[PDB]
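One structure below.
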Amino acid sequence: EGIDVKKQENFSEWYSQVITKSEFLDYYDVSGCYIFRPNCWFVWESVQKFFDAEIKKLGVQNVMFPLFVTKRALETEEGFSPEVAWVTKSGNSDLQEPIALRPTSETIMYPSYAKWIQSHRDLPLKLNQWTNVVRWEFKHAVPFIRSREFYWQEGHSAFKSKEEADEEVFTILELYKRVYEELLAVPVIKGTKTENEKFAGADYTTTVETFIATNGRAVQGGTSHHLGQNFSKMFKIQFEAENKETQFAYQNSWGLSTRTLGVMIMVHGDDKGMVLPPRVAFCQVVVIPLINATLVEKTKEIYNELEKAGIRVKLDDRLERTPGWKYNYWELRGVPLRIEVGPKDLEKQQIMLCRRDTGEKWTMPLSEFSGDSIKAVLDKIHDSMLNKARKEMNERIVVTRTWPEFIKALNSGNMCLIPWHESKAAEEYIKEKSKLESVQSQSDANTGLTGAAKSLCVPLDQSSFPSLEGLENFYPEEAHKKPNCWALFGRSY
Amino acid sequence: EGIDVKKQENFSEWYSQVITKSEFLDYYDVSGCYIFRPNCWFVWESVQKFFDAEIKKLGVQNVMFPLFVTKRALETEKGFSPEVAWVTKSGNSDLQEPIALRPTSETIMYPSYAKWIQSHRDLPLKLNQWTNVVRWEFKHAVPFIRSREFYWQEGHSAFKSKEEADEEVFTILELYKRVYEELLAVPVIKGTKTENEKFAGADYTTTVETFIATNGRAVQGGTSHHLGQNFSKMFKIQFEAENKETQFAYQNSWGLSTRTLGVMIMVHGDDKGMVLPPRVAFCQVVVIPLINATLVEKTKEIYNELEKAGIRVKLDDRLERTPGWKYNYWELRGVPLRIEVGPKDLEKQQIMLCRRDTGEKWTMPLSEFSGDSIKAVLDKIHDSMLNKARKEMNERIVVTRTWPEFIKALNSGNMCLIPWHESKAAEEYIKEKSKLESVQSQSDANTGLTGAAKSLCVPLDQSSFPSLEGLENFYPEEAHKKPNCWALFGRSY
Ligand SMILES: Nc1ncnc2c1ncn2[C@@H]1O[C@H](COP(=O)(O)OP(=O)(O)NP(=O)(O)O)[C@@H](O)[C@H]1O
Ligand SMILES: Nc1ncnc2c1ncn2[C@@H]1O[C@H](COP(=O)(O)OP(=O)(O)NP(=O)(O)O)[C@@H](O)[C@H]1O
Ligand SMILES: O=C(C[C@H]1NCCC[C@@H]1O)Cn1cnc2cc(Br)c(Cl)cc2c1=O
Ligand SMILES: O=C(C[C@H]1NCCC[C@@H]1O)Cn1cnc2cc(Br)c(Cl)cc2c1=O
Ligand SMILES: [Mg+2]
Ligand SMILES: [Mg+2]
C-alpha cells in the first residue's frame, strides 16, 4: 500500500519496504538469496539486451561453461577459499570427489582457452556468458548489492598483443558507464583500483564507481581487468606468432552483476517507492481514465498509438478503484509517466501528464500528442534523473589535502580526493585510522557496514584536480614517498 | 579434421565426433557436464528468443528464483532423493543444515505462490524462468540428452479454474511442437503419458515424443503437466473466490531443455558432420569466391545483399585454401547453404549454390538472386529436413496387435502402436517381457541403454488408428480389461 519509513529516517528499512512493496523482490529461506519478480527481472533482461548488442559489435560471442569446478582446477590459481561453496553429497551418500560451485570462471574456462588457441589466427578469442555465481560472502548480505547467489555477465578475452588487450579494457569500461548512465540514469566515475583493491590475478583493474547519497557510500559498479600474461602462463595459453616464435596470450576479464539494480534503486527511489528510469521500466506509461462512452474510446486510442510506437504502455480501467488509489499503485511500482484522461480535459482537447521523478503535472494538447512526443517526455525524465544524481554526486566529492579535512568530510558523508602515492601499507593505515575516528548510523551498523574509508579508485581523468605541490603523504611512515596523483577514498558497501 | 566414423557404424562415437569437431561442445572434468561453445549456445538462444516471444503473448512473465532449496522445503512435496545434489559446507566450515541444488523449482516457487495469491484478482499467475538445473543422474550421461547440469525453461502457472489450466497445458504443448518443427525441423508426436510415466504430482502429463531413427529410440522432448490442486493443497495456495469462498488454485507446470539440441543433431547430422536447420544456424549462408578485382567486388555485393536482408552470412575469402577445404570446413560445422562465385559463373551472370542437407548443387541467375530468394531457398531446406525426418519416423511406427508382431517390430528399431488398457501392472509386464526378449547394438549397450520397451505416450490424435474391436490385452492377467485406445511404446533414451 505505502512506504511507511522515510529514506532519510532508516535507509535499510526504507530499502526493504521499497523493493518488496514495489513487487521487485522477495526474501527467501536461504540466507543471502533473493527472489527476482517480473518487474525486477525485466530490468536485468534490459541490461542483457543492450550489453549483448554492444559486445556483438566487438566480435564477442556468448557461451555457457559449467556451474561446477574441480578442486584441482580451482587451486590452479587461500584468500578466497572460505567463500567457496562445496557439493559433497548426492542423496544420502558422500561423493568420493567434492566439487565446487562457480565463484567466477577463470579456472573453468582457461584450460579450454589453452586448447583452442594454437596460432595467432585463433586470436582474438572473445567469449561472454550470462550466468549465476555463488560466493559464501562473510559480509552481511544486501539485496542486489551483495547476495550469496547473484547474476552477472563475465567476459574473457585473449589477444596476441598488449595494445589490443589494453584497448578492450577501456572499451568495456565505457560500455559499463553507458549501462549505468544511459539505461539506469546513474552517474559513474572511471578509475583504476589501487594495488590492495585490484584483482590479485590482474596487472591492473579498472572500475566504474557509483555513489549512494543517502548514507554517503560508494558502490563498486562493475570491473574490467587487464590480466596481462598472468593467467596465460598459469594455464599455458600459448600461440605461434606470425614471427614463428611461441608467445603467451594477453588476456582480459570483465564483469557486471545484478548489483546494478540495487544501485539504481538506492540512487533513484523516494518516499513514494520505486522510480524507474524509462529505458528499463517494465511499464513506461500508464493511462488512467477518470470515471464517458467517448472518453473510453479516446483512452483506447491513446493506448493504441503508444503501443504501436513501441512504448510499454498499460491501460488501467479497473472499475472498483479510485483514481488516487491507482495513482499510488503505479507510483509505488515506479512507472515513470502517467496519463490522466478526464472529461474536463477532453473538452479542451488535451490530456494531463504526471512525471514520477519530480511529481510535476502538466497538460499536453492532443494536437501535440504522439509516440515521438511521449518518447521525448521519457527522455526528458531520463536526463533529469541522471543530471540530478550527478549534481548530488559531484557536490559530495571533496578535495581533502590534510587528515583533519579528510575525516571531517568522511563523517559528513562525502567522498574524498586525497594526495596519493601507491602503497598497500598507506591504504591499510588510512583504513584503520579513519575507522577509529569514524561514526556511522545505526542502520548502517545493522547492515554490517563500517565507517572506515577505503580506496575507491584512482580517477582516470585527473585534469580538473588541483596541484599536488607541497602536499604530504597521509601515511607518516611513508612521508618519503611523494604524492604523485589523486585518489578517491570513501565509505563503501 | 573430419568425421572418420559413420553414423550407422558406431552411433555413440559418431555423435562424439560430430558435436566436438563441429565446435558445438567440449568435454569437461566434472562428469556429465559439458561446455556449450558459441555455435551451440546460439541454438539455445534462438529457442529462447522464439519461445519468450510466444509466451509473452499469453501473459507469461519471466522471473528468477534461487538455485538453492532447503531440506525442509524439498521434502514438503509428497523417490528422487538419490539424484539430489547437496551443498554441505563453505570453505572448511559445515553449514548449519545442508542445502540442495535446484532439480526443478516446485518447492522453491510454490511457498511464494501461496503468499502472493490471495484473491481471484491475483489470478492467473503465470511465471517462467530460464535456468540451470542439477540432477545427479544415475544413468550414463549423454551430451545434451542427459547431462548432470542442464539448461531449461520451466513455466509454473496458477488459475482459478480447471478449464483455464487445461487450455494452457495444450497451448504450451503446441508451442513445444512448434519449437521442434518450425525451429529444429524435428517432427513430434503429441500424447498423454500413462499413469506410471506421468509426473507424480500431476493429474495428467502431456509430452512431445521425438524419434532417433539410427538406433530406433524415442526421446521425450518436452513436458506439459496439469497439476490440478495437488500442489495447491500441499502448499496452501488458496484464494478468495467471487462467491467469498476460499478455494485452492489449479496449477500447471511445463519444461523444455537443451535436450532439444541433442535431438536436433541425432536426427539431422550425417557422415560429413553437423546439418543445421536454417532458423537456428549460427551461419545460414557462406559465400566463397573461387580464385580478380571484379570477382572480389561482385562477391562483396552478394555478401552485402544478404547481410542487409538479415541473413546470417559469412564471406570466406581465405587465400591459401582449396575450394574443397573450405567446403569441408563449413559442411562439418553445419552451414545449410553455400554460394560459390567463380569467374566462369559470373560470365554467365549466375552463381552456384550447394545445399547441406542433400548435397545438391545448382545455378541461380544473378537476376533471380536477392535476399528474399535466398530466404526462400533456406525455407526449402528447412521443409525438406522436416519432411524427410517425418517420413522416416512414420515408416518406423508399426501397428502391432499381437506380441510376436510387437517384439519383432521393437527389435528392428521401430516404435509400436499397441492396443492399450491403462494399468501400471500391464506396463511393467510389457517392460520386463520385452527386456528379456530384446536385442540392441553394442554402442547402445555401452551407452547404458536397454532394449526394453517403455511407454512413450497415448497419442492425442487417435483418429487415423485401426479398429480396437476384438483385440486382446497384452497383459494376460488383465485379459478381461479390453483395450480402449492405442498406446505408443518403444525403446528410449
Ligand atoms: N556478492 C555480490 N553480489 C552482487 N554483485 C556482486 C557481488 N560481488 C561482486 N559483485 C559485482 O560483480 C562485479 C564483478 O565481481 P568481482 O570483481 O569478483 O567483485 P569483488 O572483487 O568481489 N567486489 P566486492 O566483493 O563488492 O568488494 C563487481 O564489480 C560487483 O559490482
Ligand atoms: N538430465 C537431463 N538433461 C537434459 N534434459 C533433461 C534431463 N532430464 C530431463 N530433461 C528434459 O527436461 C524435460 C522436463 O524434465 P522432467 O519432466 O523432469 O524429466 P524426467 O521426468 O526426469 N525425464 P527422463 O529423466 O528423461 O526420463 C524433459 O521432458 C526432458 O526433455
Ligand atoms: O571474479 C573475480 C575476477 C573477475 N572474474 C571475471 C568477471 C569479473 C571479475 O572481476 C575476482 N574474484 C572475486 N571473488 C572470488 C571469490 C572466490 Br570464492 C574465488 Cl575462488 C575467486 C574469486 C575471484 O576471482
Ligand atoms: O521436474 C519435474 C516436473 C516438472 N517441473 C517443472 C518443469 C517441467 C517438469 O516436467 C519432475 N521431476 C524430475 N526429476 C526430479 C529429480 C529430483 Br532430484 C527431484 Cl527432487 C524432483 C524431480 C522432479 O520433480
Ligand atoms: Mg567479493
Ligand atoms: Mg529424470
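Chain A corresponds to the first sequence line; subsequent lines are lettered B, C, and so forth. Chain A is numbered as in the PDB entry, which gives 4-80, 85-298, 304-505 for the residues shown. The numbering of chain B matches the PDB entry: 4-81, 86-298, 304-505, in order. All values below were derived from every heavy atom in this structure, side-chain atoms included, with hydrogens, water molecules and symmetry-related copies excluded. Counting convention: from 1, in listed order, for ligands and their atoms alike.
From the options acepromazine, halofuginone, granisetron, hydroxychloroquine, pimasertib, the one located at ligand 4 is halofuginone.
Per the PDB entry, the macromolecule making the most contacts with halofuginone (ligand 4) here is Prolyl-tRNA synthetase. Contact chains for halofuginone (ligand 4) (heavy atom under 4.0 Å, other chains only): B. Binding site of halofuginone (ligand 4) at 4.0 Å, heavy atoms: B:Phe87, B:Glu90, B:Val91, B:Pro110, B:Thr111, B:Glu113, B:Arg142, B:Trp159, B:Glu161, B:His163, B:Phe206, B:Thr230, B:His232, B:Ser260, B:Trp261, B:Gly262. Of the protein's non-hydrogen atoms, the one nearest atom 1 (O) of halofuginone (ligand 4) is B:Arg142 NH2, 3.0 Å. The nearest heavy-atom contact from the protein to atom 8 (C) of halofuginone (ligand 4) is B:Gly262 N, 3.4 Å. When only interatomic distances are considered, the shortest N/O to N/O separation between B:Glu161 and halofuginone (ligand 4) does not fall below 3.5 Å.
Here the protein heavy atom with the shortest distance to atom 7 (C) of halofuginone (ligand 4) is B:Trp159 CH2, 3.6 Å. For atom 9 (C) of halofuginone (ligand 4), the nearest non-hydrogen atom of the protein is B:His232 NE2, 3.7 Å.
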Quick check on halofuginone (ligand 4): any N or O pairs to the protein under 3.5 Å? One line per pair.
| residue | atom | partner | partner atom | Å |
| --- | --- | --- | --- | --- |
| halofuginone (ligand 4) | 1 (O) | B:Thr111 | OG1 | 3.2 |
| halofuginone (ligand 4) | 1 (O) | B:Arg142 | NH2 | 3.0 |
| halofuginone (ligand 4) | 5 (N) | B:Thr111 | OG1 | 2.9 |
| halofuginone (ligand 4) | 5 (N) | B:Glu113 | OE2 | 2.6 |
| halofuginone (ligand 4) | 10 (O) | B:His232 | NE2 | 2.7 |
| halofuginone (ligand 4) | 14 (N) | B:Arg142 | NH1 | 3.3 |

